[PDB]
Amino acid sequence: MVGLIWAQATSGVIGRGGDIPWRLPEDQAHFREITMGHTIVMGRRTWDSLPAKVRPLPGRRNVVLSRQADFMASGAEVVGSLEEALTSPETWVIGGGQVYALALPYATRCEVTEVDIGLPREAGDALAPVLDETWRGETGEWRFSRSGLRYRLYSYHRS
Ligand SMILES: NC(=O)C1=CN([C@@H]2O[C@H](COP(=O)(O)OP(=O)(O)OC[C@H]3O[C@@H](n4cnc5c(N)ncnc54)[C@H](OP(=O)(O)O)[C@@H]3O)[C@@H](O)[C@H]2O)C=CC1
Ligand SMILES: CC1(C)N=C(N)N=C(N)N1c1ccc(Cl)cc1
Ligand SMILES: [Co+2]
């Protein structure tokens, strides 16, 4: 099982300037619960976005994708191809935009948080992948985050 998990603005933006232009504690907790205990695969730029004092993310096999053969990610595995990372029963690809595009053919689940923030797409933004018509989606109700933004969870599946 390879799943993708991301939070997006309604427009599809997931990242800007190498970081994320929101933070919903409830989404962070949802992310932690879904990934805990499993492999998490991230692109090198997403690894770089984590402060050194919080990485590796605890309780998970942290894997970082890079073309740099000597890139060191203390507390993680660095691999040069996505396929090397998919050896555990449950693997979560946790971003960013480039890595979702590479991982989509291997994926059968997407856990998507939609953040009700009006954020038009800009050059250089990281975006959510486009899910075609092979994917079945299930939508939750809109909820209010303590951060002031509404959000809702989608669970997409395919065989
Ligand atoms: N809202 C959300 O849910 C999420 C948001 N984000 C945001 O997304 C942005 C980062 O996403 P993005 O900029 O797309 O970068 P990624 O996190 O996708 O990392 C890109 C890097 O991955 C490596 N890589 C890419 N393609 C390949 C390949 N074919 N083979 C080997 N290595 C490869 C390269 O590393 P190298 O350069 O070392 O070769 C490349 O620089 C940030 O803004 C981050 O905050 C991140 C995760 C989820
Ligand atoms: C916390 C956040 C934004 N939330 C969701 N739904 N999915 C992710 N992949 N996230 C994420 C987790 C870790 C990192 Cl480093 C970047 C984004
Ligand atoms: Co689990």
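Nothing fancy with the numbering, it's 1 onward along the sequence. Remember, it's 1-based here, ligands and their atoms both numbered in the order they're listed. How was it done? The header gives X-ray crystallography, 1.5 Å.
Drug at ligand 2: cycloguanil. Ranked by contacts, the chain bound most extensively to cycloguanil is, in UniProt, Dihydrofolate reductase. Heavy-atom contacts of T113 reach the following atoms of cycloguanil: 6 (N) (cutoff under 4.0 Å). The largest share of chain A residues contacting cycloguanil lies in UniProt domain dhfr. Taking 4.0 Å as the cut-off, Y100 counts as a neighbour of cycloguanil on heavy-atom distance.
On a distance-only criterion, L50 and cycloguanil share no N/O pair closer than 3.5 Å. Heavy atoms of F31 found under 4.0 angstrom from cycloguanil belong exclusively to the side chain. Heavy-atom distances show that, of the NADP(+)-binding residues UniProt gives for chain A, the following lie under 4.0 Å from cycloguanil: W6, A7, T46, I94. Checked against a 3.5 angstrom limit, the closest N/O atoms of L57 and cycloguanil fall outside it. Counting protein heavy atoms only, atom 14 (C) of cycloguanil is closest to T46 CG2, 4.1 Å.
Taking the UniProt substrate-binding residues of chain A and keeping those with a non-hydrogen atom under 4.0 Å from cycloguanil leaves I5, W6, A7, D27, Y100, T113. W6 CA, 3.3 Å is the protein heavy atom nearest to atom 7 (N) of cycloguanil. Of all protein heavy atoms, the one closest to atom 17 (C) of cycloguanil is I20 CD1, 3.9 Å.
Considering both main-chain and side-chain atoms, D27 comes within under 3.5 Å of cycloguanil through a nitrogen or oxygen pair. Lab note: binding site of cycloguanil, heavy atoms under 4.0 Å, is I5, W6, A7, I20, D27, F31, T46, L50, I94, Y100, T113.
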